[PDB]
Trainee: 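Just downloaded a structure that has sulfanilamide in it.
Chain labels are A, B, C, ... in exactly the order the sequence lines appear. Using the numbering of the PDB entry, the residues shown for chain A are 402-2122, in order. Shown for chain B, in order and in the PDB entry numbering: 2058-2320. Remember, it's 1-based here, ligands and their atoms both numbered in the order they're listed. We read in the header that X-ray crystallography, 2.4 Å was used to get this structure.
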Amino acid sequence: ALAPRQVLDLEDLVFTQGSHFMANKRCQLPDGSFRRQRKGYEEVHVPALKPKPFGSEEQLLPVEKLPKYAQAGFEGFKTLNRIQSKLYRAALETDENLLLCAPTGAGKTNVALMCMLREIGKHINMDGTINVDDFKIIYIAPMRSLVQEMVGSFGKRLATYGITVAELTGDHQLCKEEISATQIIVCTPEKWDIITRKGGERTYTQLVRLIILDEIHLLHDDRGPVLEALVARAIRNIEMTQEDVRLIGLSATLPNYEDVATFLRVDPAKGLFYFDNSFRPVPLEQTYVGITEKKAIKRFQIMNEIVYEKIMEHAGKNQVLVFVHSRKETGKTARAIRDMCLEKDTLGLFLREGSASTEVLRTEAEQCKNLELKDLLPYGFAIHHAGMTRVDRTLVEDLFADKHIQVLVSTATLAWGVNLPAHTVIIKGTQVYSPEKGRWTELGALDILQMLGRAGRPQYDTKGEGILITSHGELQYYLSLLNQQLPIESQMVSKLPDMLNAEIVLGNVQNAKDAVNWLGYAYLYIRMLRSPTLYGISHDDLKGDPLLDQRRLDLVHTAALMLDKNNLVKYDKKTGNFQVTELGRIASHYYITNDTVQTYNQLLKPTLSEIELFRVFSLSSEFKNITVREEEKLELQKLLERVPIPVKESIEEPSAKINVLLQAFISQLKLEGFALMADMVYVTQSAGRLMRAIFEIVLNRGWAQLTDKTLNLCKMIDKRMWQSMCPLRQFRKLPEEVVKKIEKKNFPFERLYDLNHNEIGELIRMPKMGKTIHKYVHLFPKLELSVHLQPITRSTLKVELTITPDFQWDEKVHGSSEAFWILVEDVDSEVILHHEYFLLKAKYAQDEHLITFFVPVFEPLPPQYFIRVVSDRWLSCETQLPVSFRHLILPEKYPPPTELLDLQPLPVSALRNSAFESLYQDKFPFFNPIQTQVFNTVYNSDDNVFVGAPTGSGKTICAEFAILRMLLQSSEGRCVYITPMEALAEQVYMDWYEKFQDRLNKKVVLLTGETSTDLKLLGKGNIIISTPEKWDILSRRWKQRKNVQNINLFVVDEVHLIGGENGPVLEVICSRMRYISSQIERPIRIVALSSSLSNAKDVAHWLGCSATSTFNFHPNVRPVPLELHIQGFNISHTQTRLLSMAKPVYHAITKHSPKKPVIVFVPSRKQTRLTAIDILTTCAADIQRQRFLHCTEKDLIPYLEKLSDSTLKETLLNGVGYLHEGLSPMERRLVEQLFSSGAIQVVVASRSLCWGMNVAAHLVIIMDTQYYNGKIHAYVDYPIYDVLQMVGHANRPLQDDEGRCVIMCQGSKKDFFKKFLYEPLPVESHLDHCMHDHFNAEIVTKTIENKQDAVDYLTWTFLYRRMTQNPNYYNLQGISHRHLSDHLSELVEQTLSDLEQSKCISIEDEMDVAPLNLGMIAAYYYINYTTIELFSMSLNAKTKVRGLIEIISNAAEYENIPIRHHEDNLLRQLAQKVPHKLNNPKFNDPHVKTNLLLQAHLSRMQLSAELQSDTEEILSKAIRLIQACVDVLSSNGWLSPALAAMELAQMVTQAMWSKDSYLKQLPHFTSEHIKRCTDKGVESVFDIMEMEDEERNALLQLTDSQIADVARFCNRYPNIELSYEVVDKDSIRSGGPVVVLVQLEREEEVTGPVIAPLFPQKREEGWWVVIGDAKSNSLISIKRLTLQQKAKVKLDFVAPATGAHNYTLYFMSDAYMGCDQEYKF
Amino acid sequence: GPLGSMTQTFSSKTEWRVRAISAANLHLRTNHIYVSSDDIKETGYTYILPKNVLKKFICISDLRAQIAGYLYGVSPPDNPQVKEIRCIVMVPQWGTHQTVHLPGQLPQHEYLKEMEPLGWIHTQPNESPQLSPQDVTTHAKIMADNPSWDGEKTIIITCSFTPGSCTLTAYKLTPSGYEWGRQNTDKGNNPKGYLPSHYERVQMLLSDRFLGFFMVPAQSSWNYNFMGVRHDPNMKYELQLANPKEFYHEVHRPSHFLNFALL
Ligand SMILES: Nc1ccc(S(N)(=O)=O)cc1
Ligand SMILES: Nc1ccc(S(N)(=O)=O)cc1
């Protein structure tokens, strides 16, 4: 931002000639060159050079002296060539960026091979295998045909390594699948540019470690600025990542290579190699013919004459390869030459008489179907161009390599894509028609180099002969290019606006200073410094501006003002800032020039017909040089008055010709003008992505008609047909004659669906085509649709769309996915109320798919909406479902809130109790207005209470009032407090411990999830804090647990969460507490706390609160007033929308909370750091800097050095913290405490911590409202409950007069938030989707004994009340008592049916139900019945520990395990030697993540903080899954797997594999100590106890504290003597009772819970006594027990005979290894 | 006299393309819709036309060839003298500048059974003081064939293209006009027996208060003006709940696409 700038004229700086610009003024030819003269043309001959004799005496390096990993890439070679030998050390033994300049064909791509081999070597295990998923290599090649040849040869040289090499293709979604399996991507510059422009989520660009840039002299072409963009973006991104990327450039030998090397960051001393043109494999004797005739007729005569004479000097002696520059010209000149040979009786020199080649030619000509090839092949002449068959071209190539064709005329394609050298090459004219330039122009330098490179066959000739024929006034140019003297310049200025916009859209450039920095990496910059005169800079200008700071600022300023004039960028001229826009993003991502999107933005309207659509397209700036030539005007006219879309403009306008050319391309018309055909190819090559940009523009604006016409036109462009044609044409395998027979039959396509093969063949009048057409008809994509309409309010409607595929899949036709758009359109089909992408995967082609979305609705209701599902690629492939509202039942309008009454603020003295008042009187003097209004009811009555009010209303004090009241009534009274989140429960536990244990000396406990721990906790404590599931496991057994009945008070917090993802367990336990209260004739008081609810009255009725005790406050009554602002951002690409939020975040801080604390919620871990850094960046370039730090820099240095994240130290220094799941809890505490104290003013938090954050703020900003789910690979909306929790953080009652929140959201969400944050919230039950495990538990406990009981059960729920109030939501159609009865009956029926099929229950007389074994196991261990079913279906009488790990890791309890991190692939590759292995691997599946983290646990492998918390959650359920397996095995009598699962319980407890040292349990033992103890032979924990104390001290080699930890474990280790007696042993009697009484005695009484540090939960010792027999593997009896000092236990069995049997007895731990006992009897 | 010195060659200049460019711009007229209000008495019914289906009807029309929709609706809950138009049904049709050509079969669908037929609406190239004798004959013959068309309840709405806009006037038949239109076979401009007392204006208002909807044919589209052969006064057709494509949409003129492709 240096103000005295100036606006440049980019067009006047441009090198107009492109690759034809000649910067050098003088031209010097090799010694021995000479000119000859002839009439109207001069000749220059340049002799072949001699090879430079070896000066460095460097012998060729034998493949054997390479590093051995690299030798397989050189299989079948003896030694590298001279170039590769001089390059070997740099390529293979360093990572140094390189630039190799050598004449085309000297070995450069074998040098690139060596570089790729170095990269491959970096990833070679000890197994010899390669970590093929650990990296990517990009090979950038200028021409597509070259790309394909490189894919073939690189894949073939690297096959022996297991490396995939592949071409990057056009499809955007399904191809990235393969791109994940490709280690080497070969693509053009423009494709890598488009790929790294989109950026985004799930990018493999992070893996790229090596980029090869082949033919880097393209820098000089008009395409060159792509390479500049790529390299600048790559080097800046290396800096933004600190992850290196090797750059290799391969160049011809041309001047300025020292500057190219500067631009690649090549050290000249180490990475620059220049081989002059004497290193050409075959020496080149060059001939340049420059024609002076300016008359076109005479000039082309002269050209054919020079060609003929030159050919005659090689006829019979050498093959001649003539490059011409159109497709028709190959045949035209082959025929010219052949005719002049026959007119001069010379055709006999090419083929000798009687040659076998003459006959091979006659034969292949007669077999060939190319008429030109037929006419020419007998004479030894051939043609070769892209318009020929692959078999025809392969014929020509093989017959030319075979020395049969003696004259081959060809296009550039053959020179780039095929390998075929000829002794003689003739370039016939250097003129080419460029549609982009709209005119004739000189050939590109790359094309010339390549073509002349094809002269001289490498091992068959001793010299090539290149003959270039051109205009006389071009001789110097071509003489420079082929003799090392045409300097490489930068063409960047011509592309500066577009290129710059890409860096703005990517976030890499946010202002003009960034842009100046970015331009500092351009090759343009290096040339401007080295040669200012060429680039419009005077030498005085440079000496005054030595770094070209001002010049770059002026260029960036010019480009920015252009982009700003075209509405792609918002450019603040004062600050220099750049604001991205949606049009800018679409321009970058569809590779469209910035003028074109300005035109689109200016002309597109919702009312556009096809007519204006085609015109708008025809006006694109890609086509600005197209002209209507006089000689086209007749053919154009013939088409203009026949095209099916009318054209308003005269054919004198370029726009009318472009329009007609599109319409003819779609109708597949063959044109006649050559100008017309080449223009049509150019115009349609880009129509698809331009039209796909229109599509995205008009779809995201909601324009329904134009979205239809535009997607349609994309598909007609891609399929080359109109809508009006038989969609059967889209199966290429279907013969066209048949489809045209049918199109003539004219009947509607759809009726073919209702006929079988026979009636098909009848209607067609072709009978065999009957069955073939039937098959294709049912391969055509087709979806069936249905809706469940679910009213949310009277103006918001949830829709569940069910998509049922109705076609046969066939990977030949459909691939592996098929894509669709779901469009929800209003009454008039004018507005897209909602849209989304939908991908049908081959995996799921037969499954129904469910889509849910919200649409607005109004009163009077509109008649209908429409749901369209239309194929993204198939024409005529669509289904529309009318959604009528004639029977929509809306919920009643919601009531007025409870009046907030203006009471005098309630003093703490109201509690009339000094001990009670000591809780609050330090904090504040008065309760707030909500606490003050509900106090009398909470404190002075026992009425059930509902309090609804925003988060931050102080509702937890309202719960405290009821607890205090209870404490006065019952000195040992019990209150259970349920909150739905564990982090909430832990905060409440600390605060209520302090208030009620430390102060009031009651007992406060937090339930843990361990049932016996929790039963003792529930017994002794007066305040029991729990999450729902922990209370569910407990209170299911209420009939037998007096402490669950003798509950005085039941408080449930955040009860609005019944309507959210985990709401059913919360609804069930609340319904249960109501039902127990009605049973026990001594009611349990209930207090429900909620956010503001529109249907609060329904919750209160369900929980039995009267109207006078239902406080229904709405958001306007928050005691700290809330100012909420909702900013919509109209950007549909997530990464770009977050970028556009970046400065608004900073601006919101300075507007709404410039001095007071700020919390910024962001959607992911990565974004926290990025946004902290960006807030600091914006602060620095602002006038207020470091304004967020309030502690002095030196006060928090002790704080800082305690953290490991160094970026967190840096940003904390400048006043900005951040929080995410990946920080160690101490780091979180450090940051949270620096925030609470005021040291730092801003904290950037991850969304996923919004429930366990222990700090508050003046201002909360929510930066976007979506997050990426890696399991379903898509963005998910924040649950509204999370948003209300976030907004609730902007609330500080003791410090602020107000709270402020800004929600930044995608624009299509603004209305929804305004509806559901300003008004109270409607909540529904989703219990009808989660009934099975609760029904199962109730059948276990006999609360449900029949189906009638199951209906009566449902009447206690919130589900049942909401079915009356909102029937359409629960798929009811009326609220009558019999409707409700029928619906409940069917729900019950479906659920008991599922239970009974799963063998969890029984159904006798289709009426009575009863628990089965499996159902009791599911209920006891609180395990999903589907998990237990799967356990029964997977476990066998022979299953092992690997089987057990597989089985339990596939349980339903692990499907919701968090997914993202990709080191899972790394642990999976370490699973080559992970102890237990099974079969296939997936990387996305949560079950595989749990299996991996389990094997990581038994092998003590340290993981990410994130993966660590994941392992902890897995271990939170593993023990009960293992016990369920144990019960499943013992019920099936299988002994071996049961004991293996008891061992697996031991293993997961102590983190230990099957056979390790038991000494691995002892604290502070490493591998060496186990070796030492085994060496002395102790091997046992009891042996460590037996050692003499000093002897073991001398053995351990251990600290004193460490020896004491060993001792604490050895004292708590189980030391149990058992004694068993068989009662009545004397009388063995078959079939009768065998009572075995076993006693257990503990040498030293238990001194606490289990010692198992590596296990998260605190356990208690558990034992099983087994009596199974080993020979038969029959598990006979078993009894589970907890053991204190001493205990007795009974085992029941029924004898098999009076045969004096033999049994083994097992005493098995669930927690320790080594202490298991075996006896016999 | 130049047979040989001056030679020129005819180049096609087809008319449907000029009419297609013209019909692309019909949407401009929907922001300038006017209703005649010369009828004064309110003794007849009041007909309320929702603007949404009016505007769509205008947008799908042609400037020369007439199009027609069937009107269905009901009286508001407490006001039997008001007829709300709730649905416009588009049936396979073709037309000229003076008339429309419909099938003999009236709309038949489950969704219409709770509504009553209110007559029809049609576009017209020019505003006229009187109801056409083609229109009187069309309405009268429909009534003679379909007794559900009460002559005192069914109307003809005419939608005339006035410069920059659209004028709507509503009529009904009188008994005399019914009995004349029934027997009328000369459908020139002035047939024998035609009279101004054969029709009368009925009051008609445009509303934004509720929305109408469309029904269209289930298998074909409605426009047969490029296929007039395949249209037969006895053609039978079903209906679906969906919005009609516009006059020159590709599905109405598939031959223009296939025949250009053949060239
Ligand atoms: N964002 C980004 C990622 C990777 C690359 S790459 N393939 O050039 O190193 C460039 C930009
Ligand atoms: N023009 C526009 C583009 C995108 C969006 S949004 N809110 O879907 O991303 C809104 C308007």
Trainee: Which bound partner of sulfanilamide (ligand 2) is the main one by contact count, according to UniProt?
Mentor: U5 small nuclear ribonucleoprotein 200 kDa helicase
Trainee: What are the letters of the other chains with a heavy atom below 4.0 Å from sulfanilamide (ligand 2)?
Mentor: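 By heavy-atom distance, the answer is A.
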Trainee: For sulfanilamide (ligand 2), which residues in other chains have any heavy atom nearer than 4.0 Å?
Mentor: A/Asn1101, A/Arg1102, A/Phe1530, A/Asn1531, A/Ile1532, A/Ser1533, A/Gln1707, A/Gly1708, A/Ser1709
Trainee: Can you list the sulfanilamide (ligand 2) atoms lying under 4.0 Å from a non-hydrogen atom of A/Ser1709?
Mentor: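 Checking each atom against A/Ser1709, I get 7 (N).
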Trainee: I'm curious, which organism is chain A from according to the PDB?
Mentor: Homo sapiens
Trainee: With only distance considered, is A/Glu983 within less than 3.5 Å of sulfanilamide (ligand 2) through an N or O on each side?
Mentor: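 By distance alone, the answer is no.
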Trainee: Around atom 1 (N) of sulfanilamide (ligand 2), find the nearest protein heavy atom and jot down its residue, atom name and distance.
Mentor: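 For atom 1 (N) of sulfanilamide (ligand 2), the nearest protein heavy atom is A/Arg1102 CG, 3.5 Å.
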Trainee: Against heavy atoms of A/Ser1533, which atoms of sulfanilamide (ligand 2) measure under 4.0 Å?
Mentor: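 In order of number, 9 (O).
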Trainee: Quick sanity check on sulfanilamide (ligand 2): covalent bond to a chain or not, and to which residue and atom?
Mentor: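 As deposited, there is no covalent site.
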Trainee: Please state which protein non-hydrogen atom is closest to atom 6 (S) of sulfanilamide (ligand 2) and give its distance, to 0.1 Å?
Mentor: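 Ranked first by proximity to atom 6 (S) of sulfanilamide (ligand 2) is A/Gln1707 NE2, 3.6 Å.
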Trainee: Which atoms of sulfanilamide (ligand 2) sit under 4.0 Å from any heavy atom of A/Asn1101?
Mentor: 2 (C), 3 (C), 4 (C), 5 (C), 10 (C), 11 (C)
Trainee: Show the atoms of sulfanilamide (ligand 2) that are less than 4.0 angstrom away from any heavy atom in A/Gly1708.
Mentor: 7 (N)
Trainee: Between the protein and sulfanilamide (ligand 2), which nitrogen or oxygen pairs come in under 3.5 Å, and how far apart is each?
Mentor:
from                     : atom 1 : to        : atom 2 : distance (Å)
sulfanilamide (ligand 2) : 7 (N)  : A/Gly1708 : N      : 3.1
sulfanilamide (ligand 2) : 7 (N)  : A/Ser1709 : N      : 3.0
sulfanilamide (ligand 2) : 8 (O)  : A/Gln1707 : NE2    : 3.2
sulfanilamide (ligand 2) : 9 (O)  : A/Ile1532 : O      : 3.3
sulfanilamide (ligand 2) : 9 (O)  : A/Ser1533 : N      : 3.3
sulfanilamide (ligand 2) : 9 (O)  : A/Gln1707 : NE2    : 2.9

